[PDB]
Amino acid sequence: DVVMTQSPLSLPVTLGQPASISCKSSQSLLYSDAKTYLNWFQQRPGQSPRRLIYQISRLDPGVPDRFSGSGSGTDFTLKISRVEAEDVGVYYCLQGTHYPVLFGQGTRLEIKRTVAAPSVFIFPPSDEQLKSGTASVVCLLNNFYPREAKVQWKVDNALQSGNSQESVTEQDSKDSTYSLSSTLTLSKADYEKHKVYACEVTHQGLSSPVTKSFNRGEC
Amino acid sequence: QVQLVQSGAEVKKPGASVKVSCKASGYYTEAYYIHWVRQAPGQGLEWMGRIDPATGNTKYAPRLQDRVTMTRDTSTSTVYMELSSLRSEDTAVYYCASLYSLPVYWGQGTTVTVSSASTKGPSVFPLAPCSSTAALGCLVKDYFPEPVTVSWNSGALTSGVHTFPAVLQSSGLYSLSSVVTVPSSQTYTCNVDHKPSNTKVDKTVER
Amino acid sequence: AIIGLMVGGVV
C-alpha cells in the first residue's frame, strides 16, 4: 500500500520564524493527467479540520499567503513563511491519487519559548469526598515549558504506580506555557492508614526534583 | 455549494454497532463523493472510506473493511456509516466531508463513545491547599458521558484559569479538574454544567 | 455544472 511519511512529528517554532513540514510517499502521486493529488490539512485545537492546499501548491479560499506548497512525484513540503500563534495545531498530508486515500501521521506545531519550570501545588481530598468512600489527591504543575514532565507520587515514602492519571492543557496563546494535573486515587480505608502524601516533580527547567506534601491529620 | 448535516452524539456498548448519518443539501448533491474521517482522542486523522452517492459504490480503509459499511438513500440525499463490533478505541469524533471538492464541505462532527457506563451527573469537590500566588480549584468527578463545561464566577473570572481535559477512570466514569490562580491579596465559585444529565452545580471554594 | 468538483482526488 502507498505509505505516507510525514516529518518531523513535533515542530516547536519560535514566534515569527519560518517553518517547513515534509511529506514523502512510497510512490509517485502523479496521476494519468498532469495532475498530482497531494493535499495539506490543518486542525487547530477545538476546531474542525480544514484544507489548506490542494494539488501540491494551490491555496484553498480563506488560507493566508503565509502558507505555500511545493514538491513533485514522491516528495512534498509545506512552508509557513512566518509563524503566528494561530498556526498552533496539527498538520496532515493527504494523498488522493491511489487507493486507499491516506493521511500522514500528523505534525504537531507549537510555539517555542525559553524553558520555564512548573509551580507545584498539592491538594488533599475534601472531607466531602471522604464521606463517600474514595480519596482523590491532586497535584498541579502550573505554567511550564516544554510539555514533558514527570510526576511521582509517594505515600509514606512508598512510590505509587498504576493508580494515578494525568491530563495536560493545550498551549496558552499568551505565554506559550502548559499546565498539568495529576490525580492519585485511593480507597478511604487506605487513605486513612498513612500519614505523609507527596508529589515529586521532575522537569527540564528544575535543577532538582521539587516535592510538595501534606500530613493527613494536620489538615 | 453543498451543506452536510450529521446525526447527533451517540453512546454505545462494546460489541454493538453504531450508525451515523450525513444529510446533504444544495444543487447536485449526487455529484459529491462523501467521505468519513475520524479523530480519536490524542490520535491522528484516519480516513475510513468514501461512498459515491450516484451509484452507491464504496471504497474502505483496509484496516476497517471487515467492520464498516457505507450506504446511501437517494430520495433523502442522506449517506450512512455503520461501524460494527465497537471497541473502546472507536470512541472518537467522526466527520463526513466532500474531500475531493473545492472547497471541501464538512459535516459538523458526531461524537461516538464506546462504553458500558450509564449516564451520571458529576459530584463537585473543592481543591484547597492544606495551609504570593495561591491556587484553588474544583474536582468534577464521576460523570458520564462527556462533555462537562466549567466556568468561574459566572464568566467574570477568566485570567489564570485552567480547565483540564477529562480522564477516563477504571470505573468508566470521567473526571476533570479546573484550577485558578489568585492572590492572597475573596470568593470563587466554579460553575459546572453537564447537559446529558441536566445537572448544574455551583461550588464555592474557600481560602 | 460543478466547477472544481474533483481537485482533492480521484480514488
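Residue numbers start from 1 in every chain, and the chains themselves are labelled A, B, ... in the order their sequence lines are given, proteins ahead of strands. We read in the header that X-ray crystallography, 2.5 Å was used to get this structure. What you see below is based on every heavy atom in this structure, not just the backbone, and it leaves out hydrogens, waters and symmetry mates.
- Looking at chains A and B, one finds the drug ponezumab.
- The chain in largest contact with ponezumab bears the name, in UniProt, of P3(40).
- Counting heavy-atom pairs closer than 4.5 Å to chain C, the top chain of ponezumab is chain B.
- The epitope of ponezumab on chain C, taking heavy atoms under 4.5 Å, comprises C/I2, C/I3, C/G4, C/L5, C/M6, C/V7, C/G8, C/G9, C/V10, C/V11.
- If contacts are heavy atoms closer than 4.5 Å, the paratope of ponezumab for chain C is A/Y31, A/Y37, A/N39, A/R51, A/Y54, A/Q55, A/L94, A/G96, A/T97, A/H98, A/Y99, A/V101, B/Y28, B/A31, B/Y32, B/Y33, B/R50, B/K59, B/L99, B/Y100, B/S101, B/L102.
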Mind listing the donor-acceptor pairs under 3.5 Å that bridge chain C and chain B (ponezumab)?
unit_1 : atom_1 : unit_2 : atom_2 : d
C/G4   : O      : B/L102 : N      : 2.6
C/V7   : N      : B/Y100 : O      : 2.8
C/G8   : N      : B/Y100 : O      : 2.9
C/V11  : N      : B/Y100 : OH     : 3.1
C/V11  : O      : B/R50  : NE     : 3.0
C/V11  : O      : B/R50  : NH2    : 2.8

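- The PDB entry gives chain A the name ponezumab LC Fab.
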